[PDB]
Student: 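Have a look at this one.
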Amino acid sequence: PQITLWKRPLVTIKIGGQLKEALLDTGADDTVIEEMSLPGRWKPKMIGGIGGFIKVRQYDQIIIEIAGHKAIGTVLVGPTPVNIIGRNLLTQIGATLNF
Amino acid sequence: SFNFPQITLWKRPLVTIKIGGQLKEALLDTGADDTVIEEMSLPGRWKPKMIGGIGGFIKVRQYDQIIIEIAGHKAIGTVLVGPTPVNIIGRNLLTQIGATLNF
Ligand SMILES: CC(C)(C)NC(=O)[C@@H]1C[C@@H]2CCCC[C@@H]2CN1C[C@@H](O)[C@H](Cc1ccccc1)NC(=O)[C@H](CC(N)=O)NC(=O)c1ccc2ccccc2n1
Ligand SMILES: [Cl-]
Ligand SMILES: [Cl-]
């Protein structure tokens, strides 16, 4: 619960019965995780980053545990190089950025 | 506090920065290794670099030892200049203003 930024802020997540590592990312609007199957229905979405846009699958109301905190919300699945926890779920677990 | 704000993440964590004499808005971004600013003029030597993120890579100019004011806090470090859609303050400078994640 107090994470400095001299290293990447990586945490463990539990999603679709798997443990994975993910990046706590205040610069991401959305949560984007590498290809895997999830227990739900999806719809298409386009999202942008540095370097253009990618197609992802949008899964709503997904149960995901981040550093032991449970969230239930939208997870995007697509060709990201790193699993990213964005503000939609950072807010659910009560994360803040402090000076 | 006003001098050391606790920033909630309901909205994008945007702040005012001053760089190269100019005021700009930038994103405080714990998920970025580097600080990347839109095309602008900076002094000194630079070297070309490729940096990547979600969509792929962009070519930037790397400048070292740049002074930047971030929400009124002084930080010095490398700044990459290039075709980023959003100015972002990455971990190399967030550490210099004592930023932490808390939950
Ligand atoms: C994740 C998504 C919802 C698409 N949002 C974003 O990606 C938004 C888009 C915004 C507008 C365009 C400019 C970027 C800002 C902030 N970003 C969030 C932002 O936090 C984003 C998230 C991220 C992390 C790691 C890998 C990829 C993507 N970081 C980045 O784009 C930074 C840029 C940099 N410093 O070089 N990338 C990295 O720090 C980084 C780290 C490891 C990597 C490994 C392999 C390939 C690329 C890698 N890039
Ligand atoms: Cl959500
Ligand atoms: Cl630096």
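Naming: A, B, ... by sequence-line order, numbering from 1 per chain. Every number for a ligand or one of its atoms is a count from 1 in the order of the listing.
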Student: I keep forgetting: which drug shows up at ligand 1?
Tutor: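 Found there: saquinavir.
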Student: Name, as the PDB entry does, the macromolecule that saquinavir contacts most in this entry.
Tutor: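 Chief contact partner: Protease.
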Student: Identify all other chains that place a heavy atom less than 4.0 Å from saquinavir.
Tutor: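 Under 4.0 Å by non-hydrogen atoms: A, B.
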Student: Out of B:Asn92, A:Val56, A:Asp30, A:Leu23, whose heavy atom is nearest to atom 3 (C) of saquinavir?
Tutor: A:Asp30
Student: Do me a favour and list the nearest non-hydrogen protein atom to atom 43 (C) of saquinavir with residue, atom name and distance?
Tutor: A:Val82 CG2, 4.3 Å
Student: Counting heavy atoms only, which part of A:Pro81 comes closer than 4.0 Å to saquinavir: side chain, backbone, both or neither?
Tutor: side chain
Student: Under 4.0 Å from a heavy atom of B:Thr84: which atoms of saquinavir are those, numbered in the order shown and with their elements?
Tutor: 13 (C)
Student: Between saquinavir and B:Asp33, is the shortest N or O to N or O distance under 3.5 Å?
Tutor: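 Yes, there is a polar N/O contact under 3.5 Å.
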Student: Examine the proximity of saquinavir to A:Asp25 and report which part, side chain or backbone, both or neither, has a heavy atom under 4.0 Å away.
Tutor: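 Answer for A:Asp25: side chain.
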Student: Atom 15 (C) of saquinavir: which protein heavy atom is closest, and how many Å away?
Tutor: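 Looking at atom 15 (C) of saquinavir, the protein heavy atom closest to it is B:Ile88 CG2, 4.0 Å.
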Student: If the cut-off is 4.0 Å to any non-hydrogen atom of B:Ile54, which atoms of saquinavir fall inside it?
Tutor: 1 (C), 2 (C), 4 (C), 27 (C), 28 (C)
Student: Between the candidates A:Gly78, B:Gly31, A:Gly48, which shows the shortest non-hydrogen contact distance to atom 29 (N) of saquinavir?
Tutor: B:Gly31
Student: Nearest protein heavy-atom contact for atom 42 (C) of saquinavir: which residue, which atom, what distance?
Tutor: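 Ranking protein heavy atoms by distance from atom 42 (C) of saquinavir, first comes A:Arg8 NH2, 3.3 Å.
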Student: Tell me which one of A:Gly49, B:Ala32, B:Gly53, A:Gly52 gets a heavy atom nearest to atom 27 (C) of saquinavir.
Tutor: B:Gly53
Student: Under 4.0 Å, heavy atom to atom, what does saquinavir touch in the other chains?
Tutor: A:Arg8, A:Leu23, A:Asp25, A:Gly27, A:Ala28, A:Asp30, A:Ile47, A:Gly48, A:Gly49, A:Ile50, A:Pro81, B:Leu27, B:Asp29, B:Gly31, B:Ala32, B:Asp33, B:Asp34, B:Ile51, B:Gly52, B:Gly53, B:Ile54, B:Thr84, B:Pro85, B:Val86, B:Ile88
